[PDB]
Protein chains: 4
Amino acid sequence: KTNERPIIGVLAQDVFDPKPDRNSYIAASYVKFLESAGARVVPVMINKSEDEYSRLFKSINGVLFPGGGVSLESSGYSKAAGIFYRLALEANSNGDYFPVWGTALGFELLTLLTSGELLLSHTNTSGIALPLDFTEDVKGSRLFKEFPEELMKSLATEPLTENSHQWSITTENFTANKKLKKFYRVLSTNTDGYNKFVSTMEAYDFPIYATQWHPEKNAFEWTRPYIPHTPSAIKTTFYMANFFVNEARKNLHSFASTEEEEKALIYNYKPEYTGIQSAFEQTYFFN
Amino acid sequence: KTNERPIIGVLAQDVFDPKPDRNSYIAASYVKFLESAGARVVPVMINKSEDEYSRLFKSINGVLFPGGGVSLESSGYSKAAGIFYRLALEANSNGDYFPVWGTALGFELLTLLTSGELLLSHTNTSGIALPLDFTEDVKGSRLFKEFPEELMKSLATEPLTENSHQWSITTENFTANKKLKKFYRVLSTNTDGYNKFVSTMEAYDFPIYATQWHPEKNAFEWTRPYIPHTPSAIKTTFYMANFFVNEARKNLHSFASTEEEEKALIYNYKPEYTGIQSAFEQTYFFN
Amino acid sequence: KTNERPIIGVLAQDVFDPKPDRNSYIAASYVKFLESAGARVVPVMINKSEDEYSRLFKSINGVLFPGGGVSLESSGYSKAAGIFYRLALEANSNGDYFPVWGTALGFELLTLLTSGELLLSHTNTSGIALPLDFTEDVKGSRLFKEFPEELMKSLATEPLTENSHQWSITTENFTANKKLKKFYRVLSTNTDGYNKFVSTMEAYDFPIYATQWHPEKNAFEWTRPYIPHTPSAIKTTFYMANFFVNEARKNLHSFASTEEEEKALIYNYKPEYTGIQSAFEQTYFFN
Amino acid sequence: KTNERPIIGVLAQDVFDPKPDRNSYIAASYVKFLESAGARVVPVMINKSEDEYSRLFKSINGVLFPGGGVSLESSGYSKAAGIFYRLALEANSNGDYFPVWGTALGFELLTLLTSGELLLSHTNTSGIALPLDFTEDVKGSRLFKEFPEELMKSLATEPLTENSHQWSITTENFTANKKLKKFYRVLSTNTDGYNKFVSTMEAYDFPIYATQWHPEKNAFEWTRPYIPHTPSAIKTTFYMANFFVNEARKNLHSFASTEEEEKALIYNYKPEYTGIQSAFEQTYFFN
Ligand SMILES: CN(Cc1cnc2nc(N)nc(N)c2n1)c1ccc(C(=O)N[C@@H](CCC(=O)O)C(=O)O)cc1
Ligand SMILES: CN(Cc1cnc2nc(N)nc(N)c2n1)c1ccc(C(=O)N[C@@H](CCC(=O)O)C(=O)O)cc1
C-alpha cells in the first residue's frame with residue numbers, strides 16, 4: 001500500500017530582523033526541490049503550539065528541515081524541528097513510516113537532536129563546490145540505492161555538491177560520540193584541507209536522511225558562481241529528491257478534509273524576488 | 001562551448017474574457033517543468049512588436065509553446081509562436097542551434113506552422129492516461145536517447161502520459177501530408193480506440209520537438225484523478241525536460257545586460273492559486 | 001637616497017598539529033610575490049623574543065603579514081605581528097619609513113591591532129574571484145598611483161582578485177569604528193549578498209597597506225579552478241607587489257654584516273611540494 | 001582560444017665536474033622569470049632519448065634555452081636544444097604555434113642552429129649593465145609590442161640589461177650571413193666600444209625570440225654589483241617574461257594525465273643555495 005499524493009512539510013525559519021508578515025521565511029528552492037519529485041508542499045510555521053504541530057504532523061507525509069543561519073538552540077525553527085523529530089521517532093517506533101530530511105542547518109540540528117550536544121567546529125566551506133568522498137558504507141545504503149551508476153561515479157569525482165556552511169561535524173568528533181555513531185550511518189565525508197567532516201548520513205533504524213551540502217541549489221539557484229550547474233549536478237538534485245519523496249509515499253497520513261488540505265498548501269503564499277542580492281532567487285516570507 | 005545558464009521562454013496565451021493585469025496567462029506547471037531540469041524561464045508576452053520578439057529571441061536559449069484552448073489561427077499566442085518559429089528556422093538554418101518545444105495545443109500549432117493547413121480530427125482523449133506506442137523510429141531518435149532503458153519499457157506498457165486534448169492528427173492524415181511527412185519523424189502514436197494519432201515527434205533537420213500529451217502534468221498538477229503520478233510518471237517528466245534543456249545548452253545567446261536579464265525573468269511575477277476550481281494548481285496572469 | 005637591495009620579512013604562521021621542524025609555515029607564493037618585484041625575503045619565525053624581533057626589524061626594509069588559518073589573539077603569528085606593528089608605528093612616527101603589508105589573515109590582524117576590537121562577520125567568500133569596486137578615494141590613493149589605466153579598468157570589471165576567507169569587516173562596521181575610520185582609507189569594497197565589505201585599504205598617515213583578497217595567487221598558485229589566471233590577473237599580482245617593494249626601497253635599514261644577512265635569507269630553506277593535496281603548490285615548513 | 005594553464009620547459013645543462021645527483025643544473029632565476037609571468041615550469045633533462053623529448057615537447061607549451069658555459073656543439077644541452085628546435089620548426093610549419101626563447105648562451109646556440117656556422121667574436125661584455133640601442137625595426141616588432149612607452153624609453157637610455165658574455169655576433173657578421181639575415185629581425189644592438197653586436201632578435205616567420213643579455217637577472221639575482229635593480233630594470237624583467245608566456249598561451253599542448261603533469265613539474269625538485277660562491281643565488285642540480 002502506497003500514497004501517490006504525498007504532501008511534505010518544509011520548516012520556516014526565524015527572520016533575522018523580523019517584522020509583521022516577515023517573521024520567518026522559506027527559500028523557494030526547497031519547495032521546488034520537493035515538487036519536482038512529485039510531492040506537494042506545506043510550509044510549517046514557526047511559533048505554533050504542540051497541538052497545532054501534532055495535527056499537521058498527522059496530516060502530512062514527511063518533513064524537511066532546510067538550511068539557513070538561525071540558532072540551533074534558541075530559535076522558533078529549532079523548537080519546531082525538535083517537536084517534529086520526536087513525533088517522527090514516535091510514529092516510526094509504533095510502526096508508521098515517516099521520513100525526515102535535514103539540509104545544512106537541518107543536518108546540524110539533527111546531530112544536536114540525536115546526541116544532546118553541540119559538536120560543531122569551523123571549516124572553510126562557505127561557498128565551495130565539492131565531490132563526495134563516499135565511505136565504505138555507501139554500498140548497501142538506502143539513500144543512494146536507486147542512483148544510476150554513472151551518477152554515483154560523477155558524484156565521487158566531480159564538484160557536484162554546494163557547501164555554504166561555516167560549521168561542520170568532523171568525522172573525529174562524530175566517531176567519538178557514542179550516540180551519533182550508533183544512530184547514523186555516515187555515507188560521505190569531505191575535507192576543507194584541514195578537517196575531515198561528515199557530509200551525508202542516514203539513520204540505521206529510522207528514515208532520517210541528512211546532507212551538510214545543498215542538493216536543491218544545482219537546479220534552482222543561479223545567484224552565485226560556485227553553485228554546480230553541469231548536467232550531472234542537475235540529475236543529482238532530481239535523484240536526491242526522488243529518493244526522499246519515494247520515502248514519503250510510504251506514509252499514509254492524510255488531512256481531515258480536502259478543504260483543510262487546500263488551505264495549508266504552499267500555493268496559498270507568494271514568494272518575493274530576492275535574487276538580485278540574496279543567495280536565494282525567490283523567498284517566501286510569513287507572518 | 002555549452003551554455004550552463006540556459007534561459008528558455010514560455011509563450012503566454014490570450015485570456016478568454018481579458019481584463020487589465022489579466023490579458024494573458026501561463027500555467028505554472030510549464031515553468032516548473034523547465035526549472036527542474038536546470039533552466040531559468042522568461043514569459044513571452046502576447047501583444048508585442050516584431051522588434052521586441054527579435055530582441056528577446058536573440059537573448060534566450062530556446063522556447064516552449066504550451067497547451068491551452070486559444071485559437072491556432074487568430075490569437076496573440078498563435079502570432080507570437082509564428083514569429084518565434086520563423087526566427088528559430090532562420091537561426092538553425094544559418095548554423096546557430098535554437099530548440100523549440102510544443103506541448104498539446106503547441107504540438108497542434110506546429111503541424112499548422114509547418115504544413116500551412118489544419119489537419120486535426122476529433123479524438124476521445126480529453127482526459128486520459130495512456131502509454132506510448134513507440135514507432136520503430138524511436139531507436140535512432142534524439143529525444144529519447146538518454147532515457148533509462150527501464151523507463152522506456154515503462155512508457156511502452158504503463159499509463160504514464162497525460163492526454164487532455166479533443167483534437168489530434170491521425171497517422172494517416174500526417175502521412176498523406178507531404179510537408180509533414182518530409183519535416184517530422186514520428187516517435188510514438190496512440191489510439192482512442194478508433195483513431196491512431198501521432199503522440200510524439202521531432203523534426204529531422206531541426207531541434208523542434210513536440211508532444212500531443214502533457215509531460216509537465218505528472219509532477220506538478222494535482223487537479224484531476226487521471227494525471228499519472230507513479231514514480232516512473234515522475235521520472236518521465238524529468239527526462240523529458242532534461243532532454244529539452246540540454247538542447248538549450250547548445251545555444252549561446254545571452255541578454256545584452258544582467259539588469260535586462262533580471263527584469264525579464266519569471267521571478268518578477270507572482271502566480272495565483274487556481275487549483276480549487278481550474279485545471280492548473282497555479283497560474284501566472286499578465287497585463 | 002633609495003635602497004635598491006630591499007629585504008622584506010614574511011611572518012611564518014603556526015602549524016595546527018605542530019611537530020619538530022614543522023612548527024610554522026609560509027606558503028611559497030608569498031615569497032615568489034615579493035621576489036618578482038625585486039626584493040629578497042627573510043622568513044620571520046614565531047615564538048621568538050622581543051629583542052630578537054627588534055634586531056630583525058632594524059635590519060630589514062618592510063614586513064608582510066600573510067593570509068592563513070590561525071587564531072587572531074593566541075597564535076605565535078598574532079603576537080609577532082603585534083610586535084612588528086608596534087615597531088613600525090614607532091619608527092614611522094619618529095621619521096623612519098617602514099612599510100607593512102597585510103594579506104587576508106594579515107588584513108584581519110591589522111583591523112584588530114589598530115581598533116583593539118574583533119569586528120569580523122561571516123561571508124561566503126571561501127573560494128571566489130571578484131573584481132574590485134573601487135571607492136572614490138582610489139583617485140589619489142598611494143597604492144594604485146602607478147597602475148596602468150587599463151589595468152585599473154580591468155580590475156573594476158573582471159574577476160581578477162582571489163578571495164578565500166570566510167570572515168570580513170562590513171563597511172557599516174568599519175565606519176562605525178572611530179579608530180578604523182580615522183586610521184584607514186578604504187580603496188575598494190566588495191559585496192557578498194547583502195553584506196558590503198572592505199577589500200583593499202591603506203593607512204592615511206603610515207605606509208601600511210592591506211588586502212582582504214590574495215594578490216599572490218594569480219601568478220603562482222594553480223590548485224583551484226577559480227584562481228584568476230588571465231593576462232590582466234598576472235599584471236595585477238606584479239603591480240601590487242611592485243608598489244610594495246617600491247615602499248621598502250624608501251627604507252634604509254641593513255643587516256649588521258653580510259654574514260648575518262646571508263644566514264637570514266629564505267634561500268637557506270627548502271619548501272615541500274604540497275600542491276597535489278593542499279591550496280598551495282609549495283610550502284616552507286620551519287622548526 | 002587560449003591556454004590559461006601554460007607550462008614551459010627550461011633546458012638543464014651539463015655540470016662540468018659531474019657527479020650522481022649533480023650531472024646537470026638549471027639556475028633558479030630562469031624558473032622564477034617564467035613563474036612570475038603566470039607559467040609553470042618543467043626542467044628538461046639532458047641525456048634523454050629522442051622519443052622522450054618528443055613526448056615532453058608534445059605535452060608542454062614552450063621552451064627556454066638558458067645562459068651558461070657549456071659547449072655550443074658537443075654538450076647534452078646543445079643536443080637537447082637541437083632536438084627541440086627541430087621539433088618546434090616542424091610544429092610551427094605545420095600550423096601549430098610553439099614558442100622558443102634563447103638567453104645569452106641560448107641566443108648564441110640559435111645563431112648556430114639556424115645558420116649552421118659559429119660566427120661569434122670576442123667582446124668586452126663579461127659583466128656590464130647596458131641600455132638597448134633599438135633598430136628601426138623595433139617599431140613593428142612582436143616582442144616589444146605590449147611594453148609601456150615609458151619603459152621602452154628607459155631601456156634606450158638607462159643601463160637596464162645585464163650582459164655577462166665574452167662572445168657576441170657582430171652586426172656586420174650577422175648581416176653577411178645570408179641565412180641569419182633572412183631568418184631573424186634584429187630588434188636592438190649594443191657596442192662594447194669597438195664591436196657593435198646584436199643584443200635582441202626575433203624570427204620573421206616563427207615565434208623564436210632571443211636575447212644576448214639576461215632579462216631574468218634584474219629581479220632575482222643579487223650576486224654581482226653590475227646587475228640592474230632599479231624600478232625600471234624590474235619592470236623590464238616582468239615585461240620580457242610576460243611577452244613569452246603570452247606566446248606560450250597560444251599553444252594548446254597538454255600532458256596525458258594530471259599525474260604525469262604533476263611528476264614533471266619543477267615543484268618536485270629543491271634547489272641549493274649557491275649565492276655565497278657562484279653567479280646564481282639558487283641552483284637546481286639533477287641526476
Ligand atoms: C478552455 N477551453 C474552452 C474554451 C475555449 N475557448 C474559449 N474562448 C473564449 N473566448 N472564452 C472561453 N471561455 C473559451 N473556452 C478550451 C480548451 C482547449 C481547447 C482545445 O482545442 N485544446 C486542444 C489542446 C489541448 C490542450 O492543450 O490542453 C485540444 O486538442 O483539445 C479548446 C477550448
Ligand atoms: C663557467 N665557464 C668556464 C667553463 C666553461 N666550460 C667548461 N667545460 C668543462 N667541461 N669544464 C669546465 N670546468 C668548464 N668551465 C664558462 C662560462 C661561460 C662561457 C661562455 O662562453 N658563455 C657564453 C654565454 C654567456 C652566458 O650565458 O653567461 C659567453 O658568451 O660568454 C664559457 C665558459
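So that the names make sense, note that chain A is the first sequence line, chain B the second, and so on, each numbered from 1. What you see below is based on every heavy atom in this structure, not just the backbone, and it leaves out hydrogens, waters and symmetry mates. Just so you know, ligand 1 is whichever comes first in the structure, and atom 1 is the first atom listed for that ligand. Determined by X-ray crystallography, 2.0 Å, according to the entry header.
The drug observed at ligand 1 carries the PDB name methotrexate. Most heavy-atom contacts to methotrexate (ligand 1) in this structure come from the chain listed in the PDB entry as Gamma-glutamyl hydrolase.
By chain letter, those with a heavy atom nearer than 4.0 Å to methotrexate (ligand 1) are B. Residues contacting methotrexate (ligand 1) within 4.0 Å (heavy-atom distance) are B:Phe16, B:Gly67, B:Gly68, B:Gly69, B:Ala104, B:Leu105, B:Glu108, B:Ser164, B:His165, B:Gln166, B:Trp167, B:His214.
Using a 4.0 Å cut-off to heavy atoms of B:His165, the atoms of methotrexate (ligand 1) that qualify are 25 (C), 29 (C), 30 (O), 31 (O).
Proximity to B:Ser164 (heavy-atom distance under 4.0 Å) selects the following atoms of methotrexate (ligand 1): 25 (C), 26 (C), 28 (O). With ligand atoms numbered from 1 in the order given, methotrexate (ligand 1) contributes 24 (C), 27 (O) to contacts under 4.0 Å with heavy atoms of B:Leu105.
When only non-hydrogen protein atoms are considered, atom 16 (C) of methotrexate (ligand 1) lies nearest to B:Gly69 CA, 3.6 Å. Among all non-hydrogen protein atoms, the one lying nearest atom 27 (O) of methotrexate (ligand 1) is B:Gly68 N, 2.8 Å. Ligand-side atoms of methotrexate (ligand 1) in range of B:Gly67: 27 (O), range being under 4.0 angstrom from any heavy atom. Ranking the protein heavy atoms by distance from atom 1 (C) of methotrexate (ligand 1) puts B:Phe16 CE1, 3.8 Å first.
Looking only at protein heavy atoms, the nearest one to atom 31 (O) of methotrexate (ligand 1) is B:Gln166 N, 2.7 Å. Ranking the protein heavy atoms by distance from atom 21 (O) of methotrexate (ligand 1) puts B:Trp167 CD1, 3.5 Å first.
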